[PDB]
Colleague: 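Notebook entry - examining structure containing lobeline.
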Amino acid sequence: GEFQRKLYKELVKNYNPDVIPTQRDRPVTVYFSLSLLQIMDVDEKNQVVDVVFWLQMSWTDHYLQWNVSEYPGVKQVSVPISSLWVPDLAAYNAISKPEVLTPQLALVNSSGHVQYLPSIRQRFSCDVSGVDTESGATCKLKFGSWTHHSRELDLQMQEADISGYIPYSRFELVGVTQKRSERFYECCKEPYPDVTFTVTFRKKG
Amino acid sequence: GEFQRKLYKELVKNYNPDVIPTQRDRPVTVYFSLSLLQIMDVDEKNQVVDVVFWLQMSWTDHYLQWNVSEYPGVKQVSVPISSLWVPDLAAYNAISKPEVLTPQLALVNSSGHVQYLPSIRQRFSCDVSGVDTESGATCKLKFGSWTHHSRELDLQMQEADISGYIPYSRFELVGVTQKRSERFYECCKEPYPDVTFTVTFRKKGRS
Amino acid sequence: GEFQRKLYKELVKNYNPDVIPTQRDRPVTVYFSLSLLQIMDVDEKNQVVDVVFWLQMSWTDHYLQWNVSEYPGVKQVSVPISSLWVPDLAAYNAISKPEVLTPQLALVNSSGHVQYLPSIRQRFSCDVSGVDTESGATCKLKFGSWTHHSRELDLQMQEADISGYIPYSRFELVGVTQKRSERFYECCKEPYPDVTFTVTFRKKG
Amino acid sequence: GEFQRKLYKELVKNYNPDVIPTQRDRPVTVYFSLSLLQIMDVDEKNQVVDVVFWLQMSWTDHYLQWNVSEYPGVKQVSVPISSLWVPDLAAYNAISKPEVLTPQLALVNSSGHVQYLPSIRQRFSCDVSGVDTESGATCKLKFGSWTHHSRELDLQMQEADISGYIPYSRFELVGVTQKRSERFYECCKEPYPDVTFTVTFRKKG
Amino acid sequence: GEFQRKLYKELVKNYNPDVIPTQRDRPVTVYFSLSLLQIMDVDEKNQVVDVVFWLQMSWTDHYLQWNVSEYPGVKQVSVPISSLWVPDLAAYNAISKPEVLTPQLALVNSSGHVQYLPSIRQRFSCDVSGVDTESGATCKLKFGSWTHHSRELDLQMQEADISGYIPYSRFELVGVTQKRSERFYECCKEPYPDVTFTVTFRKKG
Ligand SMILES: CN1[C@@H](CC(=O)c2ccccc2)CCC[C@H]1C[C@H](O)c1ccccc1
Ligand SMILES: CN1[C@@H](CC(=O)c2ccccc2)CCC[C@H]1C[C@H](O)c1ccccc1
Ligand SMILES: CN1[C@@H](CC(=O)c2ccccc2)CCC[C@H]1C[C@H](O)c1ccccc1
Ligand SMILES: CN1[C@@H](CC(=O)c2ccccc2)CCC[C@H]1C[C@H](O)c1ccccc1
Ligand SMILES: CN1[C@@H](CC(=O)c2ccccc2)CCC[C@H]1C[C@H](O)c1ccccc1
Ligand SMILES: O=C(NCCCO)c1cc(Br)c(Br)[nH]1
Ligand SMILES: O=C(NCCCO)c1cc(Br)c(Br)[nH]1
Ligand SMILES: O=C(NCCCO)c1cc(Br)c(Br)[nH]1
Ligand SMILES: O=C(NCCCO)c1cc(Br)c(Br)[nH]1
Ligand SMILES: O=C(NCCCO)c1cc(Br)c(Br)[nH]1
């Protein structure tokens, strides 16, 4: 679209994706949620889980807003994530780099709401010893900004989803939990939030 | 080519590959087809299919058209996909990133008709438990735009081809189905069209 | 050289590697030949060959020619392949991306005749069932331009031999064939030339 | 911040990441600590350890300092490591390239103090023969600047915490040591500082 | 370094890394040596060696020299290899791409002497059948410029070090040889020199 074209030239003009879009004394609040789609495998020897997650991440980038009157038809845009600031979310218990399965694009509202919803396959460190028991194995997968404290990036949880879980596969879900936390670290003087996704699973039969 | 050199400079001038080439209240209709070339392997433990396919994809980019009078000989061009807008097609049941086996180039017509025909090797999540049975295993491989709804990107099926299927290999094809749908998500108004490629296969030696 | 440095500045000035260097109603004729250096492995289950090839591709780019009088010493130069137009040759039966083992450089004449001679390791789909037989297994490895027809890119064979073949290794060569063909597709009024490298091999003893 | 863009624009237009930020006859002192998070696996045949480390690297880069008057709110910034000079630390006994698990960003103070804290998964050459013994296997993992001598880059150790060690897993820690040294090479006559991380571990039971 | 920053600006000014730094009809002499650090594994089926080498490559790039009077403190600089011309050395018997383990930097003197000393892990084609014998298996690993002949790049060998060989590991060294040769090819008027590293090893008792 010619109205869409005219906007991308502006949404680029003075945009630096390395800059966290904080506004005078206010953190960027980032909404976060993980959905376990499939437990691919477990390594009982090496103590690891091979898992496929759907991530729901949303925030506001004030540098990404536009007047819908200036660009009529343009309600939303699909922007490549490389073109924009994305939260520096770390998987604290990941033992492999993330494999992003879905197109690396984000949707952007006229008010600057960024929605990045990737499917990630990753391997995590976990005590899988009790996978063959009724109690099952429990993985506490922790995620959070690696470099931004609470006053810069406010991590918040959003409504989760266990409808996406693959019905076939050796593993059945005993329980799933998501909890947001905040702690002070001896290092920093400033606090840091995190979201912990907790899974309890077991081998079927 | 000489006019070809002059055209590539212009076909770049004001082109943004991140912009969907929709024209005033009309979606971009993308034609899509998938041809199963070979089922590489199955993981009965992990419930996965390793598959090779030929993707037939095409659309009209109204920003890519040119006057053949301005560029005589130039009927078509081989453009790298990275230089142009391509549909953001997601493999909904993929459990590995796609491995593109062919050159990453697209053929473009004087009227903006782009044809991207890659060979992809990818691993998908599938219930392969019945692979050793006469009924066989069935994989419902779903594909569609990740960010564009039906009124921005109109996914359409084109006539598919099962002549490309490798005659050797452990697996024989019981049946192949192609269906286009429009799914509504709780998230949003406006539906999301998808093409589901359904395969029924079985081990040749299952006796 | 101080002419070589100036030559590279000019050989870049108005050069687009995305443009096929066809000149007025004439296709670019590309000379091609494969030499099987080693059959690494066979997967009898998955029906695949892991092979190491030496490719000899050579063509003439008219935009790359220069006056030797303008650049005295400069007879030839080593240009990175990424800097120049290379034929879009596809391995039709490849089931893995090519692993290029040699430096990614091509040699270029004062008349613009380019020579690209890489060693590639690639995995191909092949009926390897008869590898343990006296008749042996036969692989018909097809190669050709993915996007250019006969009137744009004229694929031509160069006679290759089998002197490069590794003498050790489980596999002995029963026969090697190379044939150039021209195929028509329902799509296109103009045909697509290809070179098929055919191997017949068997496990030793 | 509005000044964050100002900051990133100038600390891009004038900063050369290739330049070691030494200031006149004074080396850059780099603080270094390694924390063993998990021993993933051991290869008794090939004599290798697959390990997950948390690295703590800090130094002062004088080219990255600013007064707060220059960038009002701006106290710190998350800069991509590719934008900065980072110590050229080599893992002398690594037999695989490092897999960096965390976002590749570093924190910079207004007084030029850089903090790079990556989680790395890497495979190292080690004599793992005694892993099944009470004495256990000992890995002497050596790290240091590959190209900078003592008078350019002053490697210094910091206090390492073994609090991060994964409680589950086949391997228990008998002992962990860190020693900084300065070696002489026949090449140079200026010494090369290094930190050797020594682990003694054994299979549980 | 204030002068260092001033030096990197000039060392960039008109530098093209694609250009071999030959001076008016004189070849660039490159010093080369290889040091076997460890034989990782052998594949008796596929006929391959997995090896870790330390490479010592040195050459003089006349475009890289500077007056030490113009830049006081600056005796040497660590430049990323990507920023400068490096010899296009091919591993003629490599069946995998090289895995470079060490930082990809080279040291450069005030007189243009470049020293690139990487640790490479690579897999080579080799007749490993006799690895379990007293005679042992012999690998003739050939290396040389892929595109430059004797009059452009003069390959020379330097001091061979076997002190770096890992004492643990299944394999003991029977013998190591390095020889430089000047091969003539039917293709070309000018000879192509090469260095062949020959190893004889065997499985320990
Ligand atoms: C990085 N770290 C905080 C800062 C910080 O620790 C730190 C900062 C500066 C100096 C020393 C330590 C910032 C937010 C994430 C948090 C992560 C957690 O600590 C951690 C460290 C090591 C492995 C796993 C997890
Ligand atoms: C991505 N999603 C739709 C939008 C949306 O979900 C959504 C949008 C905005 C907010 C929250 C959720 C767009 C069309 C595709 C669909 C995909 C499906 O989720 C999905 C998730 C995981 C595996 C397979 C498929
Ligand atoms: C890509 N295709 C031709 C063009 C074309 O078909 C086509 C063009 C335009 C529209 C529809 C179809 C050009 C020459 C190569 C050929 C490729 C071969 O089919 C093929 C595809 C997949 C695996 C093996 C072989
Ligand atoms: C690279 N070397 C020193 C430099 C140097 O030797 C050297 C420098 C210049 C010329 C010749 C040799 C500097 C600091 C690292 C040290 C490491 C060791 O060599 C080495 C090489 C390969 C594997 C393990 C260890
Ligand atoms: C590449 N080749 C020479 C050039 C040349 O032969 C050649 C040149 C032009 C046309 C045909 C052949 C240059 C120096 C190295 C030599 C390498 C060897 O061929 C070779 C090829 C494949 C695997 C291992 C070795
Ligand atoms: O690994 C993750 N982030 C680190 C960056 C590595 O390039 C990550 C974040 C989330 Br949410 C997942 Br699941 N993985
Ligand atoms: O995986 C696919 N797209 C996502 C790319 C991001 O990693 C994909 C699309 C189609 Br059609 C296939 Br087959 N795979
Ligand atoms: O795979 C090949 N070419 C296309 C690009 C793949 O990503 C290829 C061509 C030849 Br000749 C060989 Br051998 N492989
Ligand atoms: O593989 C080598 N060079 C080719 C470049 C990558 O495609 C190589 C050179 C040396 Br010395 C070794 Br050891 N490997
Ligand atoms: O491998 C490491 N550095 C060099 C990479 C160049 O390719 C490395 C450094 C440290 Br500290 C660890 Br743990 N690994």
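In what follows, chains carry the letters A, B, and so on, assigned in the order in which the sequence lines appear, proteins first and then strands, with residues in each chain numbered from 1. When a ligand or atom number is given, it counts from 1 through the structure's own listing order. Worth knowing before you read on, the calculation uses all heavy atoms, side chains too, and leaves out hydrogens, waters and symmetry mates.
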Colleague: Quick one: which ligands or chains are lobeline?
Modeller: ligands 1, 2, 3, 4 and 5
Colleague: Which chain contacts lobeline (ligand 4) the most here, in the terms used by the PDB entry?
Modeller: acetylcholine-binding protein, neuronal acetylcholine receptor subunit alpha-7
Colleague: Heavy atoms under 4.0 Å from lobeline (ligand 4): which other chains do they belong to?
Modeller: D, E
Colleague: Which other ligands and ions neighbour lobeline (ligand 4) at distances under 4.0 Å?
Modeller: none
Colleague: Taking heavy atoms under 4.0 Å, what residues and nucleotides bind lobeline (ligand 4)?
Modeller: D/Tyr92, D/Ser145, D/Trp146, D/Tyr185, D/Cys187, D/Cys188, D/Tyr192, E/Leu37, E/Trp54, E/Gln115, E/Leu117, E/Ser119
